[PDB]
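The following structure: dicoumarol with Oxygen-insensitive NAD(P)H nitroreductase.
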Amino acid sequence: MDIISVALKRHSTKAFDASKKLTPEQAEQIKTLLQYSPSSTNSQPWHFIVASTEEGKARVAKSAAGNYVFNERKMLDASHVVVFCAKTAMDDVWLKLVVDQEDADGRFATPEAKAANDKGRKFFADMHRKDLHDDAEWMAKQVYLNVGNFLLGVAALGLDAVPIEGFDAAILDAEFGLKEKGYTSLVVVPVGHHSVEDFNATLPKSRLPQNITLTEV
Amino acid sequence: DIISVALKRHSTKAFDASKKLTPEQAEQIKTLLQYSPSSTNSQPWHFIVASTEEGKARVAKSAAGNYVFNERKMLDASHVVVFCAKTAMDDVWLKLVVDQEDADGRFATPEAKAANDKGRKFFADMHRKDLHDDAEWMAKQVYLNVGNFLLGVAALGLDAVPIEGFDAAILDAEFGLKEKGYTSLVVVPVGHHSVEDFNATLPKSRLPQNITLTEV
Ligand SMILES: Cc1cc2nc3c(=O)[nH]c(=O)nc-3n(C[C@H](O)[C@H](O)[C@H](O)COP(=O)(O)O)c2cc1C
Ligand SMILES: Cc1cc2nc3c(=O)[nH]c(=O)nc-3n(C[C@H](O)[C@H](O)[C@H](O)COP(=O)(O)O)c2cc1C
Ligand SMILES: O=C1Oc2ccccc2C(=O)[C@@H]1C[C@H]1C(=O)Oc2ccccc2C1=O
């Protein structure tokens, strides 16, 4: 159908069926969704852990303890589990990797246009690094943009999903060694198919009216 | 198919002033803004949709100084949405959300209404008092909306560009957002590209999955 149908009909799944796996093609398509999300200046300030085995999901599920025990079941029972990570600092080696990938994909005709896109990236990166001191927050903002893109995308592939903020970030970071690699875990997204125990599957979707949230000029 | 539109969508650098959104598309854009997910269904956002030429000129005042190159995008596109975040998560908004969830029939019992208001307040209180990051937590949810929106309009057949290149302090003052309790974050012109757009025929570039993705 159309994406409005998908947007109105998708939901946060509260229980997954562990026997209902992603097809081999959907498993590749969810990775394509992760990579091809936009970001500010194409900065792509992210890493993804995609857990598809029982071991790998159990390693992710260490993060759902303490206050966050209600999220353990979803991390273990979903087919694939995506951990969305931000960079800890925006470094010049990574700003170079972005410009040199844009070059190799053939986006600049002139070597002057290569320099003009590196300068434009630098003006944005240095605004957040040197002046406003919020580069961790700026990069995290892009990862959340990615999550939004990902949630509608997987729903349009006919897959179920739930975004999770309810996990321990220090525990997940320690398990995959993210801090020394230069990353922090932000959102965990289990993807798969819902079970009959998903009570949110049949409940109506609720949002604030547009006369509170939206102004037309 | 959604993979086709994810691979085929572009950030458009120039818009056609004469190509307008249909009445159907204008409504569908507002629907996508409204029905995006957020943490705890907190929905900590406001949207300004500028469709008149007077409204789009008020938005374009934010791109005056350092960002003159972004003014043409805000003026020529059919609809221009400014995504705004809440400055503080107050108890009136938390009650507005749970009462709307109640009126829409999401709770079987008044106990489950209480347990959802409690489960929201736990996460909301954690972010202001303990982690000191309530403004950026809410800003994160609005950025999640932008991601939902961009793929959504791409799949409607419409061109979009997300813009951080504006002056948020000028936009905030222009629409009175500070005293209303909101701050401007992203401006997204929606429309169709002009016949002089260089980005539309240009290949997409992303880093390879062997850099960005670990499988376990
Ligand atoms: C960033 C983020 C974090 C969330 N964290 C959780 C979570 O820890 N557990 C859960 O069950 N739902 C979680 N949700 C789901 C929200 O409760 C849900 O998106 C919201 O109530 C709207 O419902 P819907 O997604 O069914 O439209 C989260 C949503 C977002 C966007
Ligand atoms: C939050 C955000 C802010 C952006 N700001 C600008 C901007 O001010 N000007 C611009 O020309 N492009 C801007 N972009 C577009 C990016 O350069 C673009 O998303 C990126 O190069 C990837 O290209 P694509 O969107 O065609 O896939 C922004 C993107 C995002 C997601
Ligand atoms: O509906 C919710 O949305 C959230 C959004 C952001 C952060 C935290 C939460 C929650 O704790 C719950 C409560 C919640 C609940 O009351 O019961 C459940 C039973 C099974 C699986 C999951 C849940 C929940 O997440």
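Chains are named by letter, beginning with A, in the same order as the sequence lines. Residue numbering for chain A follows the PDB entry, covering 1-217 in order. Residues displayed in chain B correspond, in order, to the PDB entry positions 2-217. As a basis for the values below, the full set of heavy atoms in this structure was taken, side chains included, without hydrogen atoms, waters or symmetry mates. Start at 1 and go down the list; that is how both ligands and their atoms are numbered.
Including duplicates, the parts belonging to dicoumarol are ligand 3. By chain letter, the other chains having a heavy atom closer than 4.0 Å to dicoumarol (ligand 3) are A, B.
With a non-hydrogen cut-off of 4.0 Å, the residues around dicoumarol (ligand 3) amount to A:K14, A:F70, A:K74, A:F199, B:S40, B:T41, B:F124. Checking only distances, B:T41 never comes within under 3.5 Å of dicoumarol (ligand 3), N or O to N or O.
Of the protein's heavy atoms, none falls inside 4.0 Å of atom 16 (O) of dicoumarol (ligand 3). The nearest protein atom to atom 12 (C) of dicoumarol (ligand 3), hydrogens excluded, is given as A:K14 NZ, 4.4 Å; this is a heavy-atom distance. In summary, the atoms of dicoumarol (ligand 3) found under 4.0 Å from a heavy atom of B:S40, numbered by their order in the structure, are 6 (C). Among protein heavy atoms, atom 18 (C) of dicoumarol (ligand 3) sits closest to A:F199 CZ, 3.9 Å. Every atom of dicoumarol (ligand 3) is numbered from 1 in the order shown, and the set under 4.0 Å from a heavy atom of A:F70 is 11 (O), 21 (C), 22 (C).
Among the UniProt-annotated FMN-binding residues of chain A, those with a heavy atom closer than 4.0 Å to dicoumarol (ligand 3) are the following: A:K14. Checking atom 22 (C) of dicoumarol (ligand 3) against the protein gives a heavy-atom contact under 4.0 Å. The overlap between the UniProt NAD(+)-binding residues of chain A and the residues with a heavy atom under 4.0 Å from dicoumarol (ligand 3) is A:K14, A:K74. Within a 4.0 Å radius of atom 2 (C) of dicoumarol (ligand 3), the protein has at least one heavy atom. Taking a distance limit of 4.0 Å, we find that atom 5 (C) of dicoumarol (ligand 3) is approached by some protein heavy atom.
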